[PDB]
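Bound complex of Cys-loop ligand-gated ion channel and memantine.
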Amino acid sequence: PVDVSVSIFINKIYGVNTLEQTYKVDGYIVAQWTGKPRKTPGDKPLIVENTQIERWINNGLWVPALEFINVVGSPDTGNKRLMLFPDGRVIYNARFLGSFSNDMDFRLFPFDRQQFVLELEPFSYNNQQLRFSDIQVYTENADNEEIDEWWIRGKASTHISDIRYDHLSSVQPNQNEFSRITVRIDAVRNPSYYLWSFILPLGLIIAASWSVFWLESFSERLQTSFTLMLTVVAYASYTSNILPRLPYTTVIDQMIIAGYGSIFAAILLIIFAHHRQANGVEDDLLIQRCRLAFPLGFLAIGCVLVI
Amino acid sequence: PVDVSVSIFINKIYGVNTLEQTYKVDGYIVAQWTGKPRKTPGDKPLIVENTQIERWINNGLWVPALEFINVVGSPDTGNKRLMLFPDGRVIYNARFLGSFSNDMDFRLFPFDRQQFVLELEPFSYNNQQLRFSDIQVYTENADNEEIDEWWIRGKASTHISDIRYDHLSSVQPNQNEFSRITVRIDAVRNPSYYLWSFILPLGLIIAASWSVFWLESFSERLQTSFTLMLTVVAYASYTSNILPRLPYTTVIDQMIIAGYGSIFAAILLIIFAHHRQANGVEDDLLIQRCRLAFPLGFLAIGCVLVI
Amino acid sequence: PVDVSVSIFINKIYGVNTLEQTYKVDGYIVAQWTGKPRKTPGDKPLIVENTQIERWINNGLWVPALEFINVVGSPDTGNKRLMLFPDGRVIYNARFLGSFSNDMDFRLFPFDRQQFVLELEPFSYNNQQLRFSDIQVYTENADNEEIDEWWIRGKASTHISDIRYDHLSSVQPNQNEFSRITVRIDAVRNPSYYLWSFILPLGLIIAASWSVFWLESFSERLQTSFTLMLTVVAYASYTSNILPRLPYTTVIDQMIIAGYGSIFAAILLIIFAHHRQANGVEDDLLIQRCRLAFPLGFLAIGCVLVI
Amino acid sequence: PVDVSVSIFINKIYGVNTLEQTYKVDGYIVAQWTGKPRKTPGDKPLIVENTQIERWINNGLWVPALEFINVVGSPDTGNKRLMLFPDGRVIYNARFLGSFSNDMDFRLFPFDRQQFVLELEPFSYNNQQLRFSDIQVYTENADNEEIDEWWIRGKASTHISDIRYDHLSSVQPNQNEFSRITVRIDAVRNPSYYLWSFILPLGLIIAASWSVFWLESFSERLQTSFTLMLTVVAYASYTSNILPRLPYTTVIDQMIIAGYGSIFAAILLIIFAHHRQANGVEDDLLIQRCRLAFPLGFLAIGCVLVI
Amino acid sequence: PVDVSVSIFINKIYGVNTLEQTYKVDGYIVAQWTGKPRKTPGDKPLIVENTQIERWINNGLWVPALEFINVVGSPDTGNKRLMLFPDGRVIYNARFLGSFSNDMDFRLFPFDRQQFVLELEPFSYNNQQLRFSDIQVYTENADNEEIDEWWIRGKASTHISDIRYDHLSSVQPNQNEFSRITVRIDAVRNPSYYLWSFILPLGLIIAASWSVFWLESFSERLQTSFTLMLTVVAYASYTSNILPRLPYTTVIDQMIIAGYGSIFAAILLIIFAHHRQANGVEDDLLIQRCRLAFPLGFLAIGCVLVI
Ligand SMILES: C[C@]12C[C@@H]3C[C@](C)(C1)C[C@@](N)(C3)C2
Ligand SMILES: C[C@]12C[C@@H]3C[C@](C)(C1)C[C@@](N)(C3)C2
Ligand SMILES: C[C@]12C[C@@H]3C[C@](C)(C1)C[C@@](N)(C3)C2
Ligand SMILES: C[C@]12C[C@@H]3C[C@](C)(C1)C[C@@](N)(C3)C2
Ligand SMILES: C[C@]12C[C@@H]3C[C@](C)(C1)C[C@@](N)(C3)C2
Ligand SMILES: C[C@]12C[C@@H]3C[C@](C)(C1)C[C@@](N)(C3)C2
């Protein structure tokens, strides 16, 4: 079984697509293995770039296809190169930009943790033909973090394995296991942008909603919460157009719902305060002073939803 | 008449385009048939990957083209492999990402059931030349529905059938029946996002809109439903920028129509109250107390849409 | 002059681009013509799919280029096939997805009728070298209009003709008339979404706008109309995001202008009623009670605009 | 010095990209010149389409690359044809779709004049090797401007010229002047949509804004002007959502500023009228009667911008 | 150790993607080196364009791969040309369009400085095989700045340097230093559009927001701030849709934040004015008349944040 040692050089992980559960990786693949010795010009190793690799492949050089298992679509490949050594060994070297796929839970956006994954597995040779001897991953990364959207935690965690397929070809003995390289990079979303620009004003809006109770008349109280209502809606629209599209609510969505809830609840209180009476216009001296009651009741429920 | 057995491996179904009635599928086709026996190197099956498959084809390897009927555009193809066994049999193996077309009725959005379909048919060989002998489809599926946009339901439907074409070339005898593979994968929409961030708050606005009748004055009543009206427009737009583009109204779209509708009737009821009089400002104590009438009048007419 | 019979199978018409005056057609071209007898294996017709076709051309098979005249950019091609008959004939068979160009008037959107057109014409052989003997077009059609954006109406129209070019090569006598196929498909827009979701509420807004004259006070009357004005802009904004970019107004675009007018009209009337006085509030004791005047005076300007 | 005559057929100029200063051109290029005499089948001119052209090149057919200087990216090419006449002459014919670049000032949008440009210059041969002998451009354009985004005006400006490059090899004699073909086609924007749906309603907003002064009270005067303000903003968003992206202001932009300009001046005045006093409520009965004063001042400042 | 001279001709820098930290460059690479003498037709240099360059490479011509280290995806290449001189020297010539990557801090948008960078480094040859001898960059730009999005300011920076890779393949002796060309171009953003259309009206919004204190009553003061609140929100959304998506805040973002705060600050000030009393309605003469106070209190907090 030919031992292929692999190297991934990750140049950029960027472009996350939340709806698609997809992220873009720019980098190099390096694959190395040893064949039967060759005679090269001089006796210094031989270089074969791009186009000529196919010419070499035609006259019979084994360059096994290594497919990116979790790539969506087939990757943009840049220069390719062969280094042929006389002692037999072969080095395949190529640049790639691919859009990769992984399960991505975004429900605690903008406080989500994600993991970028690469899965590599030979397209046609099983573990008895081609086996992954090792893999190094160079994440040429560090520092300058707050300008950066995602905070990389690790330094590329790795797992080589054997994948067994129960449903394949006309194959019986044990030729149904392929070797797989799985590369993981752990990350955390930098939530500041959402804290200052989405969370904060959404809060100031919700906060001032409560100031409806500092209004003198009932006509004033009831008529204003309609504006307040229009404002939360105005805010949702501002929000939605900019934030990632998901098939679920985020923490920010729920704050909006809660704002809708708060204002619609005050509507009930404002209306109820008025018509529950011992005459007709008995505004409950005590209930009308829930100006401090349910800002902190919202503050209590604010903590209860987080548990 | 050659028996061709096929396997589809579905990796990801994603990117539904509502306006286009379209969705993306990543996966593998495996097609197999038996030829006249070959003398292969050693005696184990010969592997041929990508660039070299053409070379075998140029020298007369029969590799029949199996086209994806309902593909829009020509699919992105990944690695291809030919495996030539010595006893005659040949297996074609390839990866694809393609956009497939199928009738997609989105009218009960966000509660639609959709069906992702793949249709397979030889491009040049009819059922007397090439026949589909059987087909399994593996949906490497499980888990995390709650994380996903669509929830797949069945295990996948399969049907081999024979399609007869009545109008073609100058060929008649019986070369007009092609053998067809049809794959069906059932799905349901994840409704929850739309329930909580569209339906519910649109629902609160509708109700709180009705609180306009709890206003004491006539002037307050009428002037206020104009803000209520402006709110629904603002809401409608929020919805519009976010929801899928269609050529018909969805259940949400209708909720907005009703919202506009409730508000406009309220204008009428409120004006009717005022100027229908025995003085000038005799607001029908009873009709202004339709504070209970058309809130539950809306629920009756809302439940009439269920037939 | 080689007689070529053509067949187009129209699979999908989708992707209208109103700014570009463009649409997408998925389908197959079939071209048939007769050369000199060939020897085919057995004596049964010979099949040549995709890759092998070019190779036949290298050995001199005449496969003439038939160009899509009105295609924007060059079409995505699927599988190509040649059926070479021993009796002399050749049949060319191809799938295409193309972005096609045609004049499209959108002024009565969402009630426009459009016609999707294909224009076929040889790239290198004139009508005395190659002539279109005929052309039939199959629109595999039926059902589900209510599901679709466009309603195909006809069954497809035809035109075989001669296009005369006055300025060409160093050759003058008659290498200037090429034969052209024109395929025409009629369509109507499914107007229902824009009917219920844009027209109706836009109407209810305009309608309820007129209820300004039912307000007792002048402040009520003049200030309320400012809200109305804001509502129409909000409505304008709501719309624009969804409507197609055109360089002219549509029907909806006019209802909007009509609205701004009706509102701007009342601002003036409300100011006029009040400040044309012999005191300060000498409202033309009746004019303010034009609650029927320019609502139905507006309706009059509406039917005349349909001239 | 090979005389090459060039002919361009322009089919569609479309898809202007304002941020990029880019527009699309679909059409055919035709280049003609005479080489040394050839023996053709019979003695009738020989046609060489697509694939077969390369074959002719590999055997030494001189086919010079003529590059589109101002093309962004490389053009989409459709069919190509070589016509080889026996007397020596060669005719190259190919269809193209390209994104072309030219300086585009959009500041008087929507009343801008633009010029679509093509620049053709050999990639490898200087004016002493390959010279452009003449060039005609056919603009198969006409009719129906009212339907189209752009109004093509002229019949196309043409200039064959000599371009001198100062920095190349160790060459002294004269190898540094390349011959260039330049096509100019003038156009004007169809302003109608923006006139009717951007300028007119905008003016009415501005106009109806000045009616803030016909309000009786001060509250009304100040409080309403905030409503007016929100309106200008709402209008601004609707506009931006739709208007082309630029790095400078357009006429419309300036209008929006003016709307903001009108309102903020009005607020100042309304407060000034109120508190500039000899009492407390000496509202300047006259300055609050600047109801026609700064409508003609906005009109004066509007017409002065042309000076 | 082969000396390579390089030239970059920058035709266009355009299409910055703020989220991707990406920009587009159109231009030509010219690489020159000296090989072993050739016999060319006559003795004048031989020109070899496009398709034919591979053919020369197939026969063993060394045309080394020079990679753009920082390009995202593989560049679109136009014409390629090989110039083979008889004295030995070889000149490679090509047009390119690529999307390049580089670090871009966008935080003081729209007054940011950015730098468009090109990085070139041989794909397979280290500094002992292939060395960069010198490099020029020509930016055929000038004039018309006030029309363009970025104002290129300096000329262009160049640095030939040696990159040492400590961890590669299994090669150690000295094969780990590659020579790298680095091109730097400084640019500043055209701030004008944002100053006039975004900053300016926002100032007018914020300022006129403070005139809420010139209102006589408490109701006028409190309720009107809710209108002010809705206005700033509307301004935010209008802005959002238009400004470049970043994962962190800009100057304008903060202005919006500030604007929100200003409004929320005043709600508190206004309510406090009402309820901090020695009667019930002691509206604090200074705090009610803080009409000069936090208009200039906002200017104090505004300038220190600039420091
Ligand atoms: C057995 C195989 C066949 C092809 C599809 C699968 C999914 C399964 C991956 C693989 N590497 C290639 C191995
Ligand atoms: C007869 C055929 C020829 C080509 C077009 C059609 C539609 C009809 C499908 C097919 N599989 C391929 C079979
Ligand atoms: C002669 C031709 C040459 C090329 C351009 C024209 C417009 C005229 C169309 C055509 N099919 C191709 C035939
Ligand atoms: C001389 C040349 C060489 C190459 C680069 C330049 C810029 C200058 C354009 C050209 N067409 C191709 C001609
Ligand atoms: C307040 C709003 C209400 C709705 C219409 C306006 C025009 C004004 C734009 C907006 N995005 C949504 C915000
Ligand atoms: C040594 C190398 C090998 C390949 C990948 C790296 C990242 C490292 C860049 C390089 N130019 C090409 C040089």
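In what follows, every chain begins at residue 1, and chains take the letters A, B, ... in the order their sequences are listed. When a ligand or atom number is given, it counts from 1 through the structure's own listing order.
The letters of other chains with a heavy atom under 4.0 Å from memantine (ligand 2) are B, C.
The heavy-atom binding site of memantine (ligand 2) at 4.0 Å consists of B:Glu121, B:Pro122, B:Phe123, B:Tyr165, B:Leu168, B:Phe178, C:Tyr28, C:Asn93. In this structure, the list of other ligands and ions lying less than 4.0 Å from memantine (ligand 2) is empty. Per the entry, the species of origin for chain B is Dickeya chrysanthemi.
The deposited structure shows no covalent link between memantine (ligand 2) and a chain. TM segments of chain B (UniProt, N to C) within heavy-atom distance under 4.0 Å of memantine (ligand 2): none.
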